[PDB]
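Below, a PDB structure including estradiol.
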Amino acid sequence: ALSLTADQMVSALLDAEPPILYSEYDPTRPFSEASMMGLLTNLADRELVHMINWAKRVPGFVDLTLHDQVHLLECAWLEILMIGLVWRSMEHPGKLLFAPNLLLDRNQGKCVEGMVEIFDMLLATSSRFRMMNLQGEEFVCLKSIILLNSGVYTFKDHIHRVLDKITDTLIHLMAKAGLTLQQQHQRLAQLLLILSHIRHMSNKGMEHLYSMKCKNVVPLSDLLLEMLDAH
Amino acid sequence: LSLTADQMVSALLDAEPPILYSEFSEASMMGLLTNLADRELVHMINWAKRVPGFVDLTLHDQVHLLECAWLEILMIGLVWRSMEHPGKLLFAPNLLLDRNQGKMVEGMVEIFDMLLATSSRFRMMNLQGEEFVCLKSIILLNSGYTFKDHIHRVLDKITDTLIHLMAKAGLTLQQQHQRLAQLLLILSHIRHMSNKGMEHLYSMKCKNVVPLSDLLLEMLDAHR
Amino acid sequence: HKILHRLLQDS
Amino acid sequence: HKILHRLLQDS
Ligand SMILES: C[C@]12CC[C@@H]3c4ccc(O)cc4CC[C@H]3[C@@H]1CC[C@@H]2O
Ligand SMILES: C[C@]12CC[C@@H]3c4ccc(O)cc4CC[C@H]3[C@@H]1CC[C@@H]2O
Ligand SMILES: [Cl-]
């Protein structure tokens, strides 16, 4: 548990990765605000189900009470979808790969009121990961940090030790990629500073979804409705 | 950049703004708080100019970073001031507020809780002043992937200075990296509080009961 | 209790 | 210009 090596920690996290899902995108017709919001939230809803399983496999997560598990997921779920999205869009300059059959450029984001700003931020985060050459091993550490960190200062020492262990795991990966000791702490800082930008995007994405709901643009699943409400 | 880690720390320590004083109903308290926030913004603008690197940015970029970071900076300042006062927020020495006065304004007590939670976290970590001024500079330069190699290189430097401080305090390598991570993870919670604070502040303007000054209105227009 | 509370319990 | 813009210079 708290006794995994860096190597076993990476192994578990890679093991636990969710699958890439497909969208029900219908290329027979052009997008509308409703149909596009429909595809995206249908996708998010199915992704959330796999996210729940993934979270239960993150070291230390199943040790928490059910209530704290619920709270962490309620705090982190959109951040987690977003970094997932940014990761898979990395080798797709100027495009967001929501699904292998749903690859969107920012001009297509225009058809939903207020989407393109969030598009622009997602695209910038993706470029930033590409320019840092973010590795898969580092990506699954970040995603675990998000899950454990984002709800933690909002209602604990257990979670803090596991977070410290992921930090050690991150440092270990950089060390074995051959970065000098200075580069290790510089790169550790750069990665964690991006998490602040991912929190911001999450906050922006949550308000946008709320507004889509308030305007009756699309029907939201009960899970998604309850996620939104937590906010 | 050229200066040492210690010169970096003296420069930031010296540029620190002073603590300001204040002069209830949901209107009289939003009055005090927005009055204080307004007077502090003036000092922050001059402080920011003394953050090394920042005065070599175009006046456009300087505007932008300040617009993005100003509430985050007010919040970390407030949290820092409140560290040795469990359960309370020291907005000003003559304005020490407990959790329950937060109920004086609709939508506030939850932002209050997040701020006390952060203060406690700092207390726990026993955050030093030297670390504080670094965190505060990082917020300024980092919080505006929004729109710069130069900025990222000043950021590396502040990371170096932070590590330097922890090294001097006698922490192992492992502890340095762990403490560095802990501190930077708190900034994403600070970003979160700022987002929530920007909404609440907006929903006050809109009602137009409390009167916000011009500098303060401009900030809140920049978040659209 | 919340939908999630329950979902979190199956395997 | 933005207010901010000029507070920034101001001699
Ligand atoms: C939440 C939104 C719909 C669902 C979107 C989604 C949907 C699926 C997915 O894998 C990732 C994301 C990230 C961005 C999300 C969007 C941001 C605003 C929009 O309302
Ligand atoms: C912006 C708010 C008023 C001004 C508050 C303030 C005022 C002064 C200060 O030094 C710090 C802070 C942080 C919290 C701010 C508040 C959060 C919500 C409220 O609207
Ligand atoms: Cl599926």
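The lettering of chains (A, B, ...) simply tracks the order of the sequence lines. Residues displayed in chain A correspond, in order, to the PDB entry positions 307-461, 472-547. Note that chain B is numbered according to the PDB entry, with residues 308-330, 337-457, 459-461, 472-548 shown in order. Numbering of chain C is taken from the PDB entry, so the residues present carry the numbers 2-12, in order. The numbers used for chain D are those of the PDB entry, and the residues that appear cover 2-12, in sequence. Atom set for the values below is all heavy atoms of this structure, side chains included, hydrogens, waters and symmetry mates excluded. We count ligands from 1, going down the list as the structure has it; atoms in each ligand are counted the same way.
Put simply, copies of estradiol show up as ligands 1 and 2. Of the chains near estradiol (ligand 1), the one making the most contacts is recorded in the PDB entry as Estrogen receptor.
Other chains reaching under 4.0 Å from estradiol (ligand 1) with at least one heavy atom: A. Within estradiol (ligand 1), the atoms closer than 4.0 Å to a non-hydrogen atom of A/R394 are 10 (O), numbered from 1 in the order shown.
Residue contact check: A/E353 has heavy atoms under 4.0 Å from atoms 8 (C), 9 (C), 10 (O), 11 (C) of estradiol (ligand 1).
Of all 17beta-estradiol-binding residues UniProt records in chain A, the ones placing a non-hydrogen atom under 4.0 Å from estradiol (ligand 1) are as follows: A/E353, A/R394, A/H524. Those atoms of estradiol (ligand 1) with a heavy atom of A/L346 less than 4.0 angstrom away are 7 (C), 8 (C).
Close approach of estradiol (ligand 1) to A/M343 is summarised as follows: ligand atoms under 4.0 Å from at least one heavy atom of the residue are 20 (O). Grouped by UniProt domain, residues of chain A touching estradiol (ligand 1) are mostly found in NR LBD. Polar contact with estradiol (ligand 1): absent for A/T347 (N/O pair, distance under 3.5 Å). In this structure, the binding site of estradiol (ligand 1) at 4.0 Å (heavy atoms) is formed by A/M343, A/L346, A/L349, A/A350, A/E353, A/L387, A/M388, A/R394, A/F404, A/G521, A/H524, A/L525.
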